[PDB]
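A quick write-up on the structure given underneath.
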Amino acid sequence: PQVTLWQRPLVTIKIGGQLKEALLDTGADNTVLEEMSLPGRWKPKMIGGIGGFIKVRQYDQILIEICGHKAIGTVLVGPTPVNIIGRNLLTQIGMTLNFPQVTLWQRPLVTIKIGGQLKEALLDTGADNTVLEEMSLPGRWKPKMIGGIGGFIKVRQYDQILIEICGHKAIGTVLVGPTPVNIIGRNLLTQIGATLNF
Ligand SMILES: CC(C)(C)NC(=O)[C@@H]1C[C@@H]2CCCC[C@@H]2CN1C[C@@H](O)[C@H](Cc1ccccc1)NC(=O)[C@H](CC(N)=O)NC(=O)c1ccc2ccccc2n1
């Protein structure tokens, strides 16, 4: 299957005998599922996202079927609003990002040029929006709040901003605020023809 990014890239998963929907998330290092019944031992862990941290239960060597593809890996369970399939499992199902083809054994980082400045950013199929660290941008902005796995942050919203993503030009909305990682979300991924392939 090839997947464009005009909509959230959702898949059906089977785990612990149960069926769920989950987000294919190139921006996530880990796989994090809403609270659910799994069998066996687990270790406590803390994981960060936009908004802060959540406590999760870590289950190792869990079998999961992702759209009919089997993988064994670590699954985290806790207070996430969305089930997310992260790179630890995406690699096991041959997932690639294409716009250059990009495997997911490492974070899919790209160089961007925005506001006359060069930065590195994460290609993030799990993000609806594009969120950049604090930086100087010109023009009017609007206040907004956006949510992530740890809660919410306040950002400045800039509309109709020109960004160059690995040489490919897009114009769209960019949010600026206290994110720890520059994130290219689906609003801009679609403009550079990014697709998920597995
Ligand atoms: C960026 C924004 C527009 C706000 N969108 C989102 O945040 C949506 C929100 C959704 C609902 C809540 C549950 C997660 C999904 C997926 N996310 C996108 C999703 O891609 C998100 C993007 C991201 C990457 C890095 C740092 C922060 C945020 N990744 C994550 O939340 C995963 C969670 C995990 N595997 O532990 N975070 C990381 O993989 C990760 C990597 C490095 C880090 C360094 C320092 C601090 C935190 C770090 N977190």
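The first residue of the sequence shown is numbered 1, and numbering continues consecutively from there. As the structure lists them, so they are numbered: ligands from 1, and atoms in each ligand from 1. What you see below is based on every heavy atom in this structure, not just the backbone, and it leaves out hydrogens, waters and symmetry mates.
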_Drug name (ligand 1)_ = saquinavir
*Report, by its name in the PDB entry, the chain making the most contacts with saquinavir (ligand 1).*
Protease
*Can an N or O of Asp29 be found at a distance shorter than 3.5 Å from an N or O of saquinavir (ligand 1)?*
yes
*For atom 15 (C) of saquinavir (ligand 1), is some protein heavy-atom partner under 4.0 Å away?*
yes
*Give the source organism of chain A as stated in the entry.*
Human immunodeficiency virus 1
_Given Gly49, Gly148, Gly86, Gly48, identify the one with the heavy atom nearest to atom 33 (C) of saquinavir (ligand 1)._
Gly48
_Heavy-atom protein neighbour under 4.0 angstrom from atom 8 (C) of saquinavir (ligand 1)_ = yes
*Measure from atom 26 (C) of saquinavir (ligand 1) to every heavy atom in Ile184, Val131, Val181 and give the option owning the shortest one.*
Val181
*Taking the minimum heavy-atom distance to atom 13 (C) of saquinavir (ligand 1), which of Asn88, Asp25, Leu76, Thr80 ranks first?*
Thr80
*Which residues lie closer than 4.0 Å to saquinavir (ligand 1) by heavy-atom distance?*
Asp25, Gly27, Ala28, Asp29, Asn30, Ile47, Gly48, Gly49, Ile50, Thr80, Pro81, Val82, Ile84, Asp124, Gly126, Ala127, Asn129, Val131, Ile146, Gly147, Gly148, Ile149, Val181, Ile183
